[PDB]
Each structure stands twice: as structure tokens, then as C-alpha cells.
Amino acid sequence: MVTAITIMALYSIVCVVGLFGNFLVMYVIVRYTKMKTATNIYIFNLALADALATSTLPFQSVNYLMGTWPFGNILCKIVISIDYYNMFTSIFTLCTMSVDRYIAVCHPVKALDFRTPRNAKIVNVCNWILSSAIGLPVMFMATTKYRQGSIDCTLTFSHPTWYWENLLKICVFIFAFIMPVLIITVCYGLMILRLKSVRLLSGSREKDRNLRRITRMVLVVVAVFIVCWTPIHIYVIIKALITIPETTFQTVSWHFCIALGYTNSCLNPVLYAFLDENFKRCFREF
Amino acid sequence: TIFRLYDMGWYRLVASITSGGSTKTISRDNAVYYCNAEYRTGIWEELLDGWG
Ligand SMILES: CNC(=O)[C@H](Cc1ccc(C)c(OC)c1)NC(=O)CSc1ccc2ccccc2c1-c1cncc(OCc2ccccc2)c1
Ligand SMILES: C=CCN1CC[C@]23c4c5ccc(O)c4O[C@H]2C(=O)CC[C@@]3(O)[C@H]1C5
């Protein structure tokens with residue numbers, strides 16, 4: 001009862017804080033006119049995907065104690081789909097945010113042309129469609145089984161069940177790092193080279209400070225996401241090919257890494273609370 | 001404590017001999033008259049002006 005209700009305390013804490021922080025972020029972004037910016041649509045999408053991830057934690061909370069998934073088939077399909085929407089959209093929104101910040105900093109004349117909040121909505125819908133094209137086949141082939149002891153959710157790979165599994169693992173790893181992490185590294189490598197030698201960016205000192213603070217905030221959020229999500233990805237690949245044996249520390253490390261990956265959704269509203277002054281003022285006044 | 005100092009002058013401005021020498025003897029590190037300077041502490045900090 002000690003470690004058990006401890007773990008349920010962690011579930012309740014993480015789910016409540018993530019849902020409250022992301023709901024407050026959406027509330028302050030939509031209810032204020034001064035928050036409608038080209039880089040607050042991206043944050044809204046980010047705190048949409050984070051709340052989508054966090055909303056599935058109570059179902060795991062119920063599934064841990066009883067040992068059986070008691071909600072049926074449709075909800076199981078939805079949860080398994082929501083995991084892959086969480087991972088893919090959370091990694092693509094950061095990449096598109098960094099490319100936006102690149103356009104803003106190193107191409108001011110062009111970025112003045114096409115950075116309206118009308119463009120950000122179309123980029124968000126295109127990103128979400130591109131993610132959903134891959135995240136829907138996961139809901140195609142996710143079902144509740146009938147195990148020996150208790151019924152559990154699982155991905156049932158259809159014909160050979162050895163080839164498609166490794167295909168999905170390699171595809172997720174290759175895409176959801178090597179495209180966005182390489183794009184983000186190149187974009188920020190160019191941004192720093194511009195920001196080092198520039199006296200002023202937009203001709204006014206206030207515009208300089210407002211243009212540098214947002215870039216620092218976006219870089220801190222990208223670094224937090226990468227540090228939270230790298231160990232589970234590398235550890236999934238190492239379990240895939242290295243064939244690690246069964247050890248008393250290995251399972252606990254695995255469940256730590258997965259817990260860190262879920263815990264990353266909680267942190268971002270807290271970072272936005274004291275990395276942006278306008279967010280802090282809107283949180284306090286509201 | 002300065003990321004880089006950009007402009008320096010003997011403002012009274014008689015003439016500001018900036019970091020390149022334009023608008024008319026440099027340091028790299030990471031009749032009463034007064035000389036002003038402009039600088040920022042780091043990359044992410046806004047430009048600010050200092051008086052001697
Ligand atoms: C190929 N298999 C899959 O891909 C399914 C995909 C999948 C399957 C089933 C569900 C309900 C689901 O919801 C998102 C996702 N998922 C997994 O193999 C691993 S996830 C999982 C799933 C069911 C669980 C049931 C009971 C207990 C833990 C379960 C955990 C779990 C395991 N380890 C850690 C942890 O973290 C909780 C946490 C607590 C506090 C703070 C942060 C995180 C959760
Ligand atoms: C965000 C955390 C849950 N993740 C979804 C899918 C999965 C996963 C992740 C990363 C890469 C994969 O190929 C992969 O399949 C799964 C697996 O077998 C290990 C743990 C995960 O549940 C976890 C992160």
C-alpha cells in the first residue's frame with residue numbers, strides 16, 4: 001500500500017498539474033488580444049498535444065491497480081493512437097517553431113511579409129495532417145486481447161508480426177529524431193551566428209530585447225524536450241537489437257525512462273510561467 | 001562582464017569612432033568631456049548605454 005498509493009499519487013499529481021497548466025495556457029492565449037502572435041499559435045498547438053498526452057494518465061491509473069483494462073475496445077484504440085500523435089506532433093511543432101524563429105531573426109524583410117497568424121493556422125493543420133497519416137494506422141491495429149490472467153491492450157501486427165514491428169521502430173526513430181533534431185540544430189546554429197555579431201535586429205532596442213527573449217525561451221523548451229525524450233528512444237533501440245537480459249535494475253530503469261517521457265508534458269507550462277513576462281502577468285491577473 | 005561593446009564616443013557628439021571606424025585600436029573579449037559606450041552583457045540581453 002506504500003509504494004502502490006505512492007505511484008497513484010504520482011499519477012494524480014502529474015495528470016492534474018499537466019491538465020491545469022495546459023488549460024490555463026489555452027485560456028490565456030485565446031482570451032487575450034495581445035497574445036495572438038505567430039509564435040503563440042505554435043505554443044497553443046504544443047500545449048494541445050501535451051494535454052492530449054496527459055488526459056490518458058487516469059486510464060493507466062485505473063489499469064495499474066485492477067490489472068485489467070476495463071474500458072473496452074474503442075478507448076484502448078484512442079489511447080494507443082493518442083500516444084503516437086503526442087510523440088510526432090510534439091516533435092514536429094518544435095521544428096516548425098524553430099524554423100519560424102529562423103525566418104524572424106535572420107530574414108527580417110521576408111519575415112515581415114509572411115508571419116501573420118493566418119499562416120500559422122495553415123502550418124498547424126498541415127503538421128497535424130502529416131502526423132495523423134502515420135498515427136492512424138496505429139489505431140488500425142491496436143486491440144484489447146484476452147490474456148491468461150488479465151485483459152490488456154496491445155498492438156497486433158497482422159501478417160508476419162516480426163517485420164512490421166521493426167519497421168515501425170526504425171521509422172519512428174529515424175524520422176522523429178534525424179529530421180527534426182538535425183533541422184533544429186542547423187536553424188539554431190545559424191541563429192547564434194547572426195545574434196553574435198548584430199548590433200540591433202529590427203532597428204529599435206525594445207524590438208531587440210523582445211526578439212531575443214523569445215528565441216531564448218524557445219531554445220530552453222527545445223532543450224527540455226530533447227533531454228526528457230532521448231533516453232526512452234535510445235533505450236527502445238538498444239532493447240530492439242542489443243537483446244539485453246532480464247535484470248533487477250533494468251526493468252526499473254526502463255519504467256523510469258517511460259515515466260520521464262510522460263513527465264515532460266508537465267514541465268512546459270511551468271517554464272512558460274517565468275520565461276515570458278506576458279505569460280506571467282496573464283497568469284497572475286487571471 | 002561585457003559580451004561585446006559596439007559603439008564608443010566622446011559625446012558632448014563630437015565624433016563616434018565605432019567598432020569598425022565608420023561614421024567618421026580594437027579589443028576582442030568574450031574642457032570637461034565624457035565618453036559614452038554601448039554594450040550588452042550576453043547574447044540574450046538587450047543593448048544598454050553606459051556613461052563614464
Ligand atoms: C508496445 N506497447 C505499447 O505501445 C503500449 C501503448 C499503450 C498501451 C496501453 C495504454 C493504456 C496506453 O496508454 C497510453 C499505451 N505502452 C507500453 O508498453 C508502455 S506504457 C504503459 C502502458 C500500460 C500500463 C498499464 C499499467 C501500468 C503501466 C502501464 C504503462 C506504463 C509503464 N511504465 C511506465 C509508465 O508511466 C506511468 C507514469 C507515471 C508517473 C509519471 C510518469 C509516467 C506507464
Ligand atoms: C511517450 C511515451 C510512450 N511511448 C510510446 C511507444 C513506445 C515507443 C517510444 C519510442 C520509440 C518506439 O519505437 C516506441 O514503441 C513503444 C515501446 O515499445 C517503448 C515505450 C513507448 O510506449 C514510448 C516511447
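In what follows, every chain begins at residue 1, and chains take the letters A, B, ... in the order their sequences are listed. Heavy-atom basis, side chains included; hydrogens, waters and symmetry copies ignored. Both ligands and their constituent atoms are indexed starting at 1 by order of listing.
- The drug located at ligand 2 is named naloxone.
- Of the chains near naloxone, the one making the most contacts is recorded in UniProt as Mu-type opioid receptor.
- Other chains near naloxone (heavy atoms under 4.0 Å), by letter: A.
- In the deposit, the organism given as the source of chain A is Mus musculus.
- Transmembrane segments of chain A with a non-hydrogen atom under 4.0 Å from naloxone, numbered from the N terminus per UniProt, are 3, 5, 6, 7.
- The contact residues of naloxone, taking heavy atoms under 4.0 Å, are given as A:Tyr84, A:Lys169, A:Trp229, A:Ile232, A:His233, A:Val236, A:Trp254, A:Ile258, A:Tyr262.
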